[PDB]
Peer 1: 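Dropping the structure in here first, questions after.
The first sequence line is chain A, the next is chain B, and the lettering continues from there. Chain A residue numbers are taken from the PDB entry; in order, the displayed residues are 649-727. All residue numbers given for chain B refer to the PDB entry; the residues shown span 261-389 in order. We number chain C the same way the PDB entry does; the residues here are 132-416, 427-558, 586-612, 616-727, in that order. Residue numbering for chain D follows the PDB entry; the residues present correspond to positions 520-558, 586-606, 614-648, in that order. Only this structure's heavy atoms are used, side chains among them; waters, hydrogens and symmetry mates stay out. Counting starts at 1 for both ligands and their atoms, in listed order. Only a selected region of the deposited structure appears here, and contacts were counted within that region alone.
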Amino acid sequence: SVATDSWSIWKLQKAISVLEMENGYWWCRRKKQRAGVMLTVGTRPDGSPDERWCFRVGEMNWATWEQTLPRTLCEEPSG
Amino acid sequence: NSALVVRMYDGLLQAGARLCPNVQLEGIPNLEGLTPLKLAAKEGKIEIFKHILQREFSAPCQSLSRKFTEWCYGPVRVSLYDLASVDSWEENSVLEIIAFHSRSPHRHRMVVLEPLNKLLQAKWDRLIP
Amino acid sequence: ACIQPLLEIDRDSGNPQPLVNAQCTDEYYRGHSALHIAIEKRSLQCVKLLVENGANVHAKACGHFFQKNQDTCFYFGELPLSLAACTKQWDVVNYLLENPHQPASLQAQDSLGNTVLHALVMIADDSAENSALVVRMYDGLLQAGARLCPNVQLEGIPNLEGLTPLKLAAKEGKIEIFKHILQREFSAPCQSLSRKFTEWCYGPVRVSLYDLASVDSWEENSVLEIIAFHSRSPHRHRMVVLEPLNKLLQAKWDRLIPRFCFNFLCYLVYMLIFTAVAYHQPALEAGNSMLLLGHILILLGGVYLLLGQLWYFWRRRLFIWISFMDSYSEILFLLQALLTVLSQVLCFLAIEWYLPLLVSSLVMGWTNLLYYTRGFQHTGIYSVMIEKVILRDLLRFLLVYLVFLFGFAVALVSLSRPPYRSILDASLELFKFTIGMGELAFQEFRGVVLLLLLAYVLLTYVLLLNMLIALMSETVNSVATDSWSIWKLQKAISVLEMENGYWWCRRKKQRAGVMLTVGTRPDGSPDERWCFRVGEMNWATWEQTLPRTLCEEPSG
Amino acid sequence: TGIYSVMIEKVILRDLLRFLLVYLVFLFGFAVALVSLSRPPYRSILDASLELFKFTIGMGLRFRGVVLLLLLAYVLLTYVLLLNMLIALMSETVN
Ligand SMILES: C=C(C)[C@]12C[C@@H](C)[C@@]34O[C@](Cc5ccccc5)(O[C@@H]1[C@@H]3C=C(COC(=O)Cc1ccc(O)c(OC)c1)C[C@]1(O)C(=O)C(C)=C[C@@H]41)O2
Ligand SMILES: [Ca+2]
Ligand SMILES: [Ca+2]
């Protein structure tokens, strides 16, 4: 057996719990709220602006210097 | 197999942006009402499921990407992950599919993926009380 | 194209406070300057231009974003030079060091008192790509520093925490560079910068010298003292085994075997007196004065142990607070001393509760004797695994087992036998069965009792297998080298405490290294160093080239 | 059968002797603490430690509370040593 599996199987157990908690026992309709923040990622193929509900994940990569820089939304670190 | 699938799949999305811009190909459901991503989730196709969630495209046709970078300073950066088909808020979400609908032995492997694992950690922290 | 015109306008507008040096103001981005931006954008041509128009090459970006403790924040030192260095832009670094108008200074330090070396120690992590970068830049700056400022020893500059780059690497658990610094050799002219030399070399054999400056216990806040007590990294034990330190710590131990055995005898004796005192206790009712003699010693020794442990925690443990995981052995001695002194007070004050406290201190005192097993390797590893198993692993098994025990205990007594249940007597009677002590007693629904019992015995067995499997899985997954290091660090703790001294102080013990004139041509008088000599034997040396040596022969 | 006898010798010497050293210290220390509690016709620390050993085998008011609590910790620690000894064997065989 893969050593990582037991840990992932647990994270899935939590995933089951979290989703059912959001449903609710008898007061079911309360835990209905979107996650993440909605931002304008860019323009679509269809002229309208491409807006999306996004989740923020911080990253640090030390080998990126050689590769090209990605197009970014903001000009400087914010928040 | 996986290397072909991601390479072919992406090449078709780019072509679709040029040949049929108004059409969102990943929005077309099948008779079972599953989009390609939800299908990958239900059928336990990890490698492409992973690739779709964290997709990056440069210069033209930038829009068809599920991962973006808000800002970047030196090594640090903040990445944005599209949650459209992902968020539990929506009906028949990817998470709900994996949690309950999928019948692959490796569902647990699927939960631990960059956008989903962080998201589930966030929701858990909110639900401790 | 607008920057050069734009700045000329600003100057021609009579701005007293030039625009180029304008800096950000919010607590988040405080201090950032246009030069910082040009460096981060990796544009030397822009860097040159900003400097050529009076850009302050020593402006500090001190805001929250540029701080070491924050999450999703980049700490690179605060200065432009540290930025360029920390983002691997030698083309920028060289210009900041070599431009004629305004050379950047290698001595400059930030709000934390950190130089470019300090920062490079901070940004480094154990990933391979990062580590290779840091050493390359770190060394490349030392060579430059030898050229730009010979008289200054850059690694000698401490920060506000009084830590040099090496000590910083030690406290922050930066192995790859810490290891590199200790085993550093230079082949270029600046031979003085290297900390490793070869005294002499004969055939396959040779002796290598390791600089002990920041390492040796003689100086305050030594690397060894820092790692043992100040560092708070999980892989600190990994650092102790590095080539120069392991040999060095073994040397210090070998000289300290007597003191260890002596202290073992003392504690053993103290326990024997403690043993006799508790055995001869008669509860309600020269010789009787001698029994008081015993109690006196116990009180005297218990405070001394309590004082000693307090001194250990008093000396360096004030900012640690809960160091239970780090020093499991140290805690028990304090509790034993604490419990022993408290027991004597009650004994003097005729309190009937002292006896439990007295015996409790006795039993614990003898068990604590396992402390001294660290002298030998085999027993030392066994004692380490005891500590590990008891500490982290037993809590979870027991917590689960009680739930099974309690739940099954209530159900079986409630089922068997107006009927008087004792949760204690119940759980006790069921625990002793598994423990093998006693046997279950029939009340005289027997059928249900048997089925329930079957579930218990098997399920209890399942828990054992999980504990074995979970315990077993840790050993296979754990690196074979890892378990041994934890012991060598325990020894490192002992040697350092012995060098501290008792209450009748035995300080300023003899230095462990030998001082030699490693460098012939420093800028000035010859440079002397306290080095540790380590013998080496290499049978594949014939193909490789011979190293430059201090001596010509093993003699001298 | 001959290799089986080789492993017995190895296990007895390197692993069991080490357990025995730790186990005896625990046995002595806990036996004396239990005797000091008993306190009169005094059972010898030997006679006591014997009584505590046969207790483990299952053969068979400060006094009541401490006596029981101390014993419960004893049974656990003795089992810990066995589990540790078993773990020590597994790590030795792989190497
Ligand atoms: C608070 C702690 C850390 C602690 C105190 C007591 C209860 C302890 O059991 C533990 C856990 C325990 C409690 C109750 C039942 C089983 C286990 O571990 C130690 C503590 C652990 C033991 C077992 O011996 C050891 O700790 C090994 C050891 C001793 C000294 C060392 O310097 C050492 O470092 C390597 C290791 C001795 C006891 O203190 C003891 O003699 C009594 C009566 C119980 C043991 O609790
Ligand atoms: Ca049995
Ligand atoms: Ca067994």
Peer 1: Quick one: what's the drug at ligand 1 called?
Peer 2: resiniferatoxin
Peer 1: List the other chains with a heavy atom under 4.0 Å from resiniferatoxin (ligand 1).
Peer 2: C, D
Peer 1: According to the deposit information, what organism does chain C derive from?
Peer 2: Oryctolagus cuniculus
Peer 1: Any idea which residues from other chains are within 4.0 Å of resiniferatoxin (ligand 1), non-hydrogen atoms only?
Peer 2: C/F465, C/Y469, C/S470, C/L473, C/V504, C/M505, C/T508, C/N509, C/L511, C/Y512, C/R515, C/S524, C/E528, D/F545, D/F549, D/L623, D/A626, D/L629, D/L630
